[PDB]
Asks: 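My questions will all concern the structure given below.
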2 protein chains.
Amino acid sequence: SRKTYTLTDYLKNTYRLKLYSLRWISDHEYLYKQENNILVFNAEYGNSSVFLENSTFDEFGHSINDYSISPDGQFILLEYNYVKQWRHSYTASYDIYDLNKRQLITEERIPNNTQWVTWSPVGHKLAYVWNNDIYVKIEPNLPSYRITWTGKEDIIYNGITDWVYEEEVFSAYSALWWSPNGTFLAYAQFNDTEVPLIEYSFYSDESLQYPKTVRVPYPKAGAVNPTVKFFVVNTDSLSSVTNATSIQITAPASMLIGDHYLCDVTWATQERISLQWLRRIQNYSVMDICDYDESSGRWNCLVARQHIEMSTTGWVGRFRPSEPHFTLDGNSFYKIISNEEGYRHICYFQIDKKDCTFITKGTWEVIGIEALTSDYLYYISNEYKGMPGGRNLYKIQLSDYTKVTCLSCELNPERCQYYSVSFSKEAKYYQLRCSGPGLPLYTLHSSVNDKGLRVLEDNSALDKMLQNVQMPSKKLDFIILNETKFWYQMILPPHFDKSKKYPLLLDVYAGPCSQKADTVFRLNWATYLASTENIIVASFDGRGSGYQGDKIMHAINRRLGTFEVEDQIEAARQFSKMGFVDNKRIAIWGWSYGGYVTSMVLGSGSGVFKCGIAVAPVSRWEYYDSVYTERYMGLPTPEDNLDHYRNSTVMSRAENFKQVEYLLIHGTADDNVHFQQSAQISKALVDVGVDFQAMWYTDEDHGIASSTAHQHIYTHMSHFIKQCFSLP
Amino acid sequence: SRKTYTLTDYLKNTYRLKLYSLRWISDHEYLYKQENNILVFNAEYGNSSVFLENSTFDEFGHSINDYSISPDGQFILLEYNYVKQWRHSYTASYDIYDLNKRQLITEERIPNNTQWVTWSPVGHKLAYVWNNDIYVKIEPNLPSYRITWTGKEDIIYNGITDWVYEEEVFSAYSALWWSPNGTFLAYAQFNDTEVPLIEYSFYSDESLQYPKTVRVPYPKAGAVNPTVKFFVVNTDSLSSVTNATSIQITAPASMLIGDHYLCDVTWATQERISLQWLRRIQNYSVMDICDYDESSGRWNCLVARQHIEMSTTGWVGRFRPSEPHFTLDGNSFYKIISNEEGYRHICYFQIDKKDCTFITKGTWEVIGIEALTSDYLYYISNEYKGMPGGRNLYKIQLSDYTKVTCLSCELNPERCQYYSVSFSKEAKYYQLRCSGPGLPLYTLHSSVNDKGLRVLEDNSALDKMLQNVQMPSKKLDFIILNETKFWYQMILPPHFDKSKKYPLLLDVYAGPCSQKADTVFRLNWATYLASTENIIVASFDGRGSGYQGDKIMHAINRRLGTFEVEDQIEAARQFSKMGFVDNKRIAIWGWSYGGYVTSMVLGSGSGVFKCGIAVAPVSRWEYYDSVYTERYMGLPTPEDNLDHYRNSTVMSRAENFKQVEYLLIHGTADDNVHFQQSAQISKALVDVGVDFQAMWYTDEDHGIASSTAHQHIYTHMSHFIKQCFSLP
Ligand SMILES: *C(=N)[C@@H]1C[C@@H]2C[C@@H]2N1C(=O)[C@@H](N)[C@@]12C[C@@H]3C[C@@H](C[C@@](O)(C3)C1)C2
Ligand SMILES: *C(=N)[C@@H]1C[C@@H]2C[C@@H]2N1C(=O)[C@@H](N)[C@@]12C[C@@H]3C[C@@H](C[C@@](O)(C3)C1)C2
């Protein structure tokens, strides 16, 4: 009688997860948006006040896309006219609303087409980027000071990232770092003068008669990379009539002998900055610690204070060197480092000392350091019950490292095994956020004795509705391959019956440091395939996958498209043995790296798979960007790793594709994984006479995520899998 | 027979038609290559000898792509390093070989990357184009004289066409015309400075890291057109010291007032040139007659012998103003003109007098004038038996117009109903070429008494092979719609049984002045579809179609995408009535204009069609080029015909596509119908929520004709059609 979870339910979002997104603004209060009202909440007592009425700006004249309140509460930035660029970057217009008064400030407005804007950490200074140059406003109504004059579209970027830094290094458009004081503005400058341009057509609305050509500086593997410089300006000594002076901070000589990246920026105190640099060959990095000389007005970085991080087994950090967390006085810090057994744990460094001290150890990894006080360090790890796909909050007593208390493991052990967290300033309180395996649960806690204060959102509304649907369930378990555990999950049809044989869809990603088997609750395409189409959707984390130490993660070093492709295959065989999978109906699919792996598997001739779907696949590593690819594959030269570059293409395997049904899909405006990668696959298949199915999506990018395209691609894919599985 | 004509037979050319391609080199001799030997034949007596032995260039080194023998038989042009550009244009390398000395020329060679070369009509002068400039060689071993200095890639073309002139106007890359003497070289010059560029990606071999962007000056409907100038140079007065003096001949003043085209160049005598010009609104055309003033070195085009052609119902000519055929003295000419009743017939013009005299008349049309002698004019027409899809050779006695003799009608009336012809110099002999309904037949004849001399090729070898195969038959007939007859053909499966019900594939082109129902014999995809899959393949010639008078051809004027579309739908209903059609299984497909009509049809919500395939469709007329589109559609301005431009798009019909299965195919490097057109179709279907199948072919142009792609697309379409018809 009860309904199933339908494709339409997925597509139209019938069943919504409620969130509780808060922003701490002090040690005891947070802001929360509620029915477009902005409320301030007091953590200890839970009482609230309306800070911004949803009726304010009703007559503002534009739909306001976003807001940002200055730290000390005197102003609010209103973002409107948002126009998205890449994954993080975008352009917009801005108004400032004086809260003390009740006026929009009318003159010296932040310009249209501004590329980035930030408040300082304290007060109400602004820094923004417009036409690739940096500007500073001391007060919201005063004329800004121009800090840089070198900005040039597509060539010199001040205070914002170029394409490859945004996507691969900072995961952000911003390249601006205020000191905790607001006294100094640090920024990077990127120079793309000789980076080659990827070009592709954008077709736009039907009314455009000639297609547009988009051209983006974009280093493919082995190509010329952007260069970077780092500067710090004193925002307290700006002059109306004198250009502002930026002091440059140069990379360490061991970086200057070749191509290198600036990869981390972190203020330690009001007068100390930490910079991390990374060689183009990403197995060697340097942390520089630079102090302000108030007499010189200059910045010096003592070589004695440098810290070096090397890898023998692979690359530095999971995707990049980890962030250091400085003690209050700035003379020491903690960061995650891979230990001698290859597990990532918390290491304590002292700035004038050479080696660090491990504060944690064991056959599990620290995921992130979340907070630090003088008595305790709080971190997320997957230690609980030895499950790599679980996540919990722990605290370590800094006076006795043997005293670790888990703060989340036992709160709600059946419902909650995957936590993330958000601490107020000075770590007086924290919000816990459980993501599964039960429905997401948001709770507020006091750090004093780690006492629960109250439930913030328990998603009871969603619970009511789902009691009316036949939901699939999820199994998280492991198999053994050559003496080692590798984890998988299965999304199982409702009323699962291990005596019947089900079709199986292998959902893959398997890029380096990926994890597809975990304890989080999701409502997605797979929910539909299991609930309505009675398909099992499996995912497997093989060699190359993360959060289980370097032996596993680095197995793939200089060898992309090998072990992680074989392992997805062997996992599929082992699934086939289990007595509830029809071995005649095994499919595979994935997006991006998942599309690469899907294609390499389908072209392996294993005979294990009936059909597969690759969406926006990499096909050849020379086509993808330098920073991501070289991190794992080194350089595509005869002296380095050219030979596995050439050995790991989808194209070289065209012939074996005649054994399977293949659907190939790609967006024509994909700035990230270029349509090119897919166009070379289809051409190789044609050359060898293999029939297959294709679908391009006009003007969609890597995400294929406009509402209509998103509905369309999943509708198309369902049909393909239904037909491949002889489902009616 | 047991065996059928298979997809593989089509794809791999199991059964080849033999041809007999000769070139006349005088009034009674022709060259014909047998094996790789070049033979010279004597037409009167049929005897022959080897002109050039196949073993002459074994040591030449390069693969010779083609050859051209000079008129006086002394030299031969060898063409290698052939590189195709658009439909007619290409670059190549050239060697010249002295036939008397029996040695290759080594001094003053024709440059690499030459764009066009042509002997003078007499003797052995050479004119060629290189880097967009014209050069002339008096002797094959002497330095060439440079004629123009203005050539610049993609901007100034001397002696060759730009894109839209090659494709839509001259159907040729060449824009050079030797006078009959070889004394004068006339050439056109095209100026693309302000013509917008169409841009698209070319991906090339896998090894190319960054896709290349192709850029071509291409006027879309309504955009700035290239401009043209016309020049004549005296080749007998060239100096190695002084520059070549090119005399310009300017368009008439009635053309100069706005945008216009040079549409035809014809030498009449040694000192008389004919130029036809065409207004950009292509219902107005002017023919100039220009004479050399020997005493001034100038060319004068007097208005006394200027002729005007206008249309009130449509455009001028079938695709352009027809060619003039001058009598020997240059004082008069014959050309095809639409008469008072809208049928195209031969008209007699006397240079300095008004009007012309029609010398043919009737309900039918002359397809072309083929040859002109002192006594007779030879032309092809579809008079015979009132079949508009047949072609026959006639001659009209010049001294008495009522004396018309059909020369081909009765040669073999059951095998042969579609002839073309090739006359020798001065029309002493002609080769007849019959293309259907039976197997092709080549014969030689003499003009004196129209005696049949001998058979050249009768395709007996093909004949015996096909006797062993179950071949389809071809039905050619008409339905009456109003009081008008409209012709159609059916390719019928072997052992056709009118009591059975067969699935039907409507094969459409249906562009202006097209004809898809004729008596030609073809071995193509439809053959496979009828012979092996027992599918009926029908084509219908409705309103807009040619060779049946203006009333029918012009019906579509300024309204593309209406009657020709409706009529295809109406034909299928008629076909449905006929009791041998399963009206639950009717499909449609077409390429280019057929792709556009197919989609308009599928988007009409008519319910007659289950599925259809569009290959490289036009989707919106603003996307296609100015010369073709504007010819039928006028300009897309509010004051002209913008409303129907906007009413006749495929995109506006997307909603109705949810009623049919649709396959959309396009090549990414299509320089003619830009991929843009299908890119916008799929986008409209996505935005509307309609599922469909698609396939791009990377780096393929409009013909998708690389042998791997050609095999692939037809294999893909075959699978699609067989599933739509449930044909196991
Ligand atoms: C697929 N998403 C492409 C192709 C391979 C994985 C490279 N990839 C990326 O887009 C990367 N830039 C990602 C995006 C995101 C954050 C980082 C890790 C990642 O696994 C997920 C890949 C960099
Ligand atoms: C597809 N055939 C495209 C799109 C519309 C029909 C116009 N077309 C052409 O390619 C034209 N340039 C043609 C090519 C060839 C010779 C001329 C008449 C034509 O019907 C066949 C179309 C111009």
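Order of the sequence lines fixes the chain letters, A, B, ..., with proteins taken first and strands second; residue numbering starts at 1 for each chain. Note: hydrogens, waters and symmetry copies are ignored here, and every other heavy atom, side chains too, is used. Atoms within a ligand are numbered from 1 in the order they appear, just like the ligands themselves.
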Asks: Just wondering, what drug is modeled at ligand 1?
Replies: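 That's saxagliptin (bound form).
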Asks: Which macromolecule is the chief neighbour of saxagliptin (bound form, ligand 1) by contact count, per UniProt?
Replies: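 The largest contact count goes to Dipeptidyl peptidase 4 soluble form.
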Asks: Any idea which other chains come under 4.0 Å from saxagliptin (bound form, ligand 1), counting heavy atoms?
Replies: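 By heavy atom, the other chains are A.
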Asks: Report all residues and nucleotides of other chains within 4.0 Å of saxagliptin (bound form, ligand 1) (non-hydrogen atoms).
Replies: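 Using heavy atoms under 4.0 Å, it comprises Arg87(A), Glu167(A), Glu168(A), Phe319(A), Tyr509(A), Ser592(A), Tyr593(A), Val618(A), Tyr624(A), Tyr628(A), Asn672(A), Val673(A), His702(A).
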Asks: Measure the distance from atom 18 (C) of saxagliptin (bound form, ligand 1) to every protein heavy atom, then report the residue, atom name and distance (to 0.1 Å) of the closest one.
Replies: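 For atom 18 (C) of saxagliptin (bound form, ligand 1), the nearest protein heavy atom is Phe319(A) CE2, 3.4 Å.
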Asks: Of the UniProt active-site residues in chain A, which one sits nearest saxagliptin (bound form, ligand 1), and what is the shortest non-hydrogen distance (1 Å precision)?
Replies: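 Nearest UniProt active-site residue and heavy-atom distance: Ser592(A), 1 Å.
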Asks: Is atom 16 (C) of saxagliptin (bound form, ligand 1) touching the protein, meaning some protein heavy atom lies under 4.0 Å away?
Replies: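 For atom 16 (C) of saxagliptin (bound form, ligand 1) the answer is no, since every protein heavy atom stays at 4.0 Å or beyond.
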Asks: Are any of the protein's heavy atoms under 4.0 angstrom from atom 5 (C) of saxagliptin (bound form, ligand 1), yes or no?
Replies: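 Yes, at least one protein heavy atom sits under 4.0 Å from atom 5 (C) of saxagliptin (bound form, ligand 1).
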Asks: Check whether the model has a covalent bond from saxagliptin (bound form, ligand 1) to a chain and give the residue and atom.
Replies: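 The entry shows a covalent bond to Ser592(A) OG.
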Asks: Show the atoms of saxagliptin (bound form, ligand 1) that are less than 4.0 angstrom away from any heavy atom in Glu168(A).
Replies: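 Those of saxagliptin (bound form, ligand 1) that fall under 4.0 Å from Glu168(A) are 11 (C), 12 (N), 23 (C).
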Asks: For atom 3 (C) of saxagliptin (bound form, ligand 1), what's the nearest protein heavy-atom neighbour? Residue, atom name and distance, please.
Replies: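 I find the closest protein heavy atom is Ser592(A) OG, 2.5 Å.
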Asks: If the cut-off is 4.0 Å to any non-hydrogen atom of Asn672(A), which atoms of saxagliptin (bound form, ligand 1) fall inside it?
Replies: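 Selected atoms, number and element: 10 (O).
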Asks: What is the nearest protein non-hydrogen atom to atom 22 (C) of saxagliptin (bound form, ligand 1), stated with its residue, atom name and distance?
Replies: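 Nearest neighbour among protein heavy atoms for atom 22 (C) of saxagliptin (bound form, ligand 1), to 0.1 Å: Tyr509(A) OH, 3.3 Å.
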Asks: Help me out: which organism is listed for chain A in the entry?
Replies: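 The entry lists the source of chain A as Homo sapiens.
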Asks: Should you measure from each heavy atom of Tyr624(A), which atoms of saxagliptin (bound form, ligand 1) turn up under 4.0 Å away?
Replies: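 Contacts of saxagliptin (bound form, ligand 1) toward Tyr624(A), numbered from 1: 3 (C), 4 (C), 7 (C), 8 (N), 9 (C), 10 (O), 11 (C), 12 (N).
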Asks: Under a 4.0 angstrom heavy-atom cut-off, which atoms of saxagliptin (bound form, ligand 1) come close to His702(A)?
Replies: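 The list of qualifying atoms is 2 (N).
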Asks: With atoms numbered from 1 as shown, which atoms in saxagliptin (bound form, ligand 1) lie under 4.0 angstrom from a non-hydrogen atom of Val618(A)?
Replies: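 Within the 4.0 Å cut-off of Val618(A), saxagliptin (bound form, ligand 1) contributes 4 (C).
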Asks: Would you say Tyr628(A) has any N or O atom under 3.5 Å from an N or O of saxagliptin (bound form, ligand 1), going by distance alone?
Replies: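 N/O-N/O distance below 3.5 Å does not exist for this pair.
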Asks: Report the nearest protein non-hydrogen atom to atom 14 (C) of saxagliptin (bound form, ligand 1): residue, atom name, distance rounded to 0.1 Å.
Replies: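 Result: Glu167(A) OE2, 3.5 Å.
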Asks: Show the short N or O contacts, below 3.5 Å, that saxagliptin (bound form, ligand 1) makes with protein N or O atoms; if there are none, say 'none'.
Replies:
residue                            : atom   : partner   : partner atom : Å
saxagliptin (bound form, ligand 1) : 2 (N)  : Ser592(A) : OG           : 2.3
saxagliptin (bound form, ligand 1) : 8 (N)  : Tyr624(A) : OH           : 3.2
saxagliptin (bound form, ligand 1) : 10 (O) : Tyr624(A) : OH           : 3.0
saxagliptin (bound form, ligand 1) : 10 (O) : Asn672(A) : ND2          : 3.0
saxagliptin (bound form, ligand 1) : 12 (N) : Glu167(A) : OE2          : 2.8
saxagliptin (bound form, ligand 1) : 12 (N) : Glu168(A) : OE1          : 3.0
saxagliptin (bound form, ligand 1) : 12 (N) : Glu168(A) : OE2          : 2.9
saxagliptin (bound form, ligand 1) : 12 (N) : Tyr624(A) : OH           : 2.9
saxagliptin (bound form, ligand 1) : 20 (O) : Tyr509(A) : OH           : 3.0

